[PDB]
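Note: structure shows dorzolamide engaged with Carbonic anhydrase 2.
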Amino acid sequence: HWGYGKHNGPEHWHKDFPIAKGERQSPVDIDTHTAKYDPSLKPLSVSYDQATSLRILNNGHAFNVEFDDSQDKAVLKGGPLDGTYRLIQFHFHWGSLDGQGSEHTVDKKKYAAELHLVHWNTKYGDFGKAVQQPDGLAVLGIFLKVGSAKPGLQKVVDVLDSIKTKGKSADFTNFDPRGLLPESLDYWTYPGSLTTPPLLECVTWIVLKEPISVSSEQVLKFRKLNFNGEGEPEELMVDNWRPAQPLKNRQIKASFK
Ligand SMILES: CCN[C@H]1C[C@H](C)S(=O)(=O)c2sc(S(N)(=O)=O)cc21
Ligand SMILES: [Zn+2]
């Protein structure tokens with residue numbers, strides 16, 4: 001049904017998912033002069049040393065790396081969060097050219113891509129219950145800019161050939177997501193939504209100020225993936241990002257001066 005083409009892309013989504021026009025939709029533009037420093041915000045606590053990755057999957061919209069979230073192995077706490085959030089998957093959004101691809105923007109600046117590390121609030125017992133709650137998910141968003149290669153991304157890049165088309169998956173164990181983080185954990189935060197259907201308004205967004213660098217050759221390999229299934233006409237997976245939505249009655253808070 002929905003996708004990112006001319007006839008089923010973001011401008012059409014509201015017809016099947018009316019919450020598309022809701023009050024806390026993502027992504028948004030981060031105006032750095034209007035964001036408010038909030039000294040009551042705690043530092044982020046990212047505890048990923050015991051992460052267990054299982055599988056990488058092309059789902060027709062992006063590729064997801066999935067984790068075992070049956071226990072508190074890889075968790076996100078602190079920051080604006082109350083309680084413990086478990087890592088369940090990560091994925092990227094990216095562009096057909098280096099000057100677009102991110103979902104969030106900073107002072108209208110687009111980055112080449114954006115990484116989303118998706119976590120769910122354990123107080124709700126399973127992921128399906130969590131997405132129905134206003135504080136059910138926490139997504140950590142990290143910008144990618146093109147420059148020097150990120151060594152810790154290369155294992156992801158090398159496996160992409162094996163999941164070229166929709167519905168394909170491959171074993172992907174022992175991947176350490178700490179290799180994807182920037183040096184600093186300074187962030188902006190605001191309450192928002194999933195950026196794809198079903199567009200539920202269940203996310204605390206935590207967007208890191210410092211981007212990571214990837215090489216042009218790395219991001220080029222993302223662009224060789226396919227939206228379509230095997231045996232269907234080829235449609236390159238590029239520009240799988242939703243444009244910025246109105247901020248409405250929300251304030252973006254910063255953890256840093
Ligand atoms: C293709 C659907 N993806 C949806 C439904 C998945 C079940 S999810 O894990 O809730 C999730 S997280 C995001 S994002 N872009 O806001 O981080 C989109 C989605
Ligand atoms: Zn995403």
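Count residues from 1 along the sequence. Start at 1 and go down the list; that is how both ligands and their atoms are numbered. Scope of the values below: all heavy atoms of this structure, side chains included, with no hydrogens, waters or symmetry mates. So this one's X-ray crystallography, 2.0 Å, going by the header.
Counting every copy, the structure places dorzolamide at ligand 1. By chain and number, the binding site of dorzolamide (ligand 1) (heavy atoms under 4.0 Å) reads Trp2, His61, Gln89, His91, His93, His116, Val118, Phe127, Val139, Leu194, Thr195, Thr196, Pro197, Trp205. Heavy-atom distances show that, of the substrate-binding residues UniProt gives for chain A, the following lie under 4.0 Å from dorzolamide (ligand 1): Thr195, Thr196. Scanning out to just under 4.0 Å from dorzolamide (ligand 1) turns up other ligands and ions: ligand 2 (zinc ion). There is no protein heavy atom closer than 4.0 angstrom to atom 6 (C) of dorzolamide (ligand 1). Distances below 4.0 Å separate heavy atoms of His93 from the following atoms of dorzolamide (ligand 1): 15 (N).
Most residues of chain A touching dorzolamide (ligand 1) map to the UniProt domain Alpha-carbonic anhydrase. Distance from atom 8 (S) of dorzolamide (ligand 1) to its nearest protein heavy atom, with residue and atom name: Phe127 CZ, 3.9 Å. Source organism of chain A in the entry: Homo sapiens.
Here the heavy atom of the protein found nearest to atom 16 (O) of dorzolamide (ligand 1) is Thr195 N, 3.0 Å.
For chain A, the UniProt Zn(2+)-binding residues having a heavy atom under 4.0 Å from dorzolamide (ligand 1) consist of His91, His93, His116.
Listed by atom number, the atoms of dorzolamide (ligand 1) under 4.0 Å from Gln89 heavy atoms are 9 (O).
Shortest contact from atom 11 (C) of dorzolamide (ligand 1) to any protein heavy atom: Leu194 CD2, 3.8 Å. Looking only at heavy atoms of the protein, atom 2 (C) of dorzolamide (ligand 1) is closest to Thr196 OG1, 3.3 Å. Among residues UniProt marks as active site in chain A, the one closest to dorzolamide (ligand 1), with its least heavy-atom distance rounded to 1 Å, is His61, 4 Å.
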